[PDB]
Q: 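Structure with pentamidine attached for reference.
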Amino acid sequence: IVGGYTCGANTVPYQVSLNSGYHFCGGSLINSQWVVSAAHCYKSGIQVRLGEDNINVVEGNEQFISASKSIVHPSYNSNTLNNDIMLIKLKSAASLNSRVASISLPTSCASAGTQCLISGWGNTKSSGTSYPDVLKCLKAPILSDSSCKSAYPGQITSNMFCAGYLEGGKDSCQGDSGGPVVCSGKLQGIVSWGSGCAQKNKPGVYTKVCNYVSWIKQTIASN
Ligand SMILES: N=C(N)c1ccc(OCCCCCOc2ccc(C(=N)N)cc2)cc1
Ligand SMILES: [Ca+2]
């Protein structure tokens, strides 16, 4: 997260860190045994780390639970990142508490201008690299589809939306991938892609979760 702020320990209790020996992606806990992340976060041997703030320090609120199953979206296209969404089932149910909480799925999409909370342990530098140990947060509005598609001509699908600031300076970044974009208490976005980070006219691109709710619920119900 570039241009964001320290969330504060466990203030984003649905934020998970996906770990395969190191943090490599965010995810969002959607119920006690399911995390949603970006399909581009897919790998085998994922451990989901719940209740994290400092991902480098055991602070006492963590639950580390291995993934039992990863389900990448049937239509995920890694070339275009269309349908950049994946479900990860936990081997055992997270113990839900103040610090480890699920985030509700949308029952509909969100409008441009809606303010969202984007969070993650991704790079905090627009130029160069600095990875935070504590969770970073960014409030960002959903951008118009036109501004999104203008920013990334030929690349934005109905399954993506942009959020952030065309002026630059505030964005998600690498390492935030798969993490949540929560707007009005709903997971509306997943950190998916963009160009650089927090660059002018290159806003973050997010998986449009509202398109996937049926798939998510059906998949979870059947798995
Ligand atoms: N659309 C495409 N064909 C495409 C775009 C990027 C990409 O790259 C590797 C996978 C994405 C890895 C995560 O990369 C980012 C980059 C920028 C931001 C941001 N600035 N918000 C957040 C995450 C692959 C395909
Ligand atoms: Ca920790």
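If you read the sequence from its start, that first residue is 1, and numbering goes on from there. In listed order, ligands and their atoms are each counted from 1. Just so it is clear, the values below take in all heavy atoms, side chains as well, and ignore hydrogens, waters and symmetry mates.
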Q: Which of the ligands or chains here are copies of pentamidine?
A: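 Counting all copies, it's at ligand 1.
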Q: Name, as the PDB entry does, the macromolecule that pentamidine contacts most in this entry.
A: Cationic trypsin
Q: In the complex you have, is atom 3 (N) of pentamidine within reach of the protein, judged by whether a heavy-atom distance drops under 4.0 Å?
A: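 Under 4.0 Å from atom 3 (N) of pentamidine, at least one protein heavy atom found.
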Q: What is the listed source organism of chain A in the PDB?
A: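 Source per PDB: Bos taurus.
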Q: If you look at the UniProt active-site residues for chain A, which lies nearest to pentamidine, and how many Å separate them by heavy atoms, rounded to 1 Å?
A: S177, 3 Å
Q: I'd like to check whether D171 has a polar contact with pentamidine, where a contact means an N/O of the residue lying under 3.5 Å from an N/O of the ligand.
A: yes
Q: Please identify which atoms of pentamidine are closer than 4.0 Å to at least one heavy atom of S177.
A: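 Taking each heavy atom of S177 in turn, pentamidine has 12 (C), 13 (C) under 4.0 Å.
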Q: In terms of atom number and element, which parts of pentamidine are under 4.0 angstrom from non-hydrogen atoms of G204?
A: 21 (N)
Q: Which residue from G179, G194, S192 reaches closest to atom 11 (C) of pentamidine through any of its heavy atoms?
A: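 Selected option, by shortest heavy-atom distance: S192.
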Q: Checking the N or O distance criterion of under 3.5 Å, is pentamidine in contact with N79?
A: yes
Q: Which single UniProt domain of chain A covers most of the interface with pentamidine?
A: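 Those residues are mainly in the UniProt domain Peptidase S1.
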Q: What are the atoms of pentamidine, with element, lying closer than 4.0 Å to any heavy atom of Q155?
A: 1 (N), 2 (C), 3 (N)
Q: Got a protein heavy atom sitting under 4.0 Å from atom 16 (C) of pentamidine?
A: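 Yes, at least one protein heavy atom sits under 4.0 Å from atom 16 (C) of pentamidine.
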Q: So if I count the atoms of pentamidine from 1 in the order they appear, which ones are less than 4.0 Å from some heavy atom of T80?
A: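 Reading through pentamidine atom by atom, the close ones are 1 (N), 2 (C), 3 (N).
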Q: What UniProt-listed substrate-binding residues in chain A have at least one heavy atom nearer than 4.0 Å to pentamidine?
A: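 The UniProt substrate-binding residues passing the heavy-atom test: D171, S172, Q174, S177.
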Q: Would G196 count as a contact of pentamidine if the rule is a heavy atom under 4.0 Å away?
A: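 Flag set, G196 near pentamidine.
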Q: So which heavy atom in the protein is nearest atom 19 (C) of pentamidine, and how far is it from that ligand atom?
A: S172 O, 3.2 Å
Q: So which heavy atom in the protein is nearest atom 24 (C) of pentamidine, and how far is it from that ligand atom?
A: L81 CD1, 3.8 Å
Q: Define the binding site of pentamidine with a non-hydrogen cut-off of 4.0 Å.
A: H40, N79, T80, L81, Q155, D171, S172, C173, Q174, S177, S192, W193, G194, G196, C197, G204
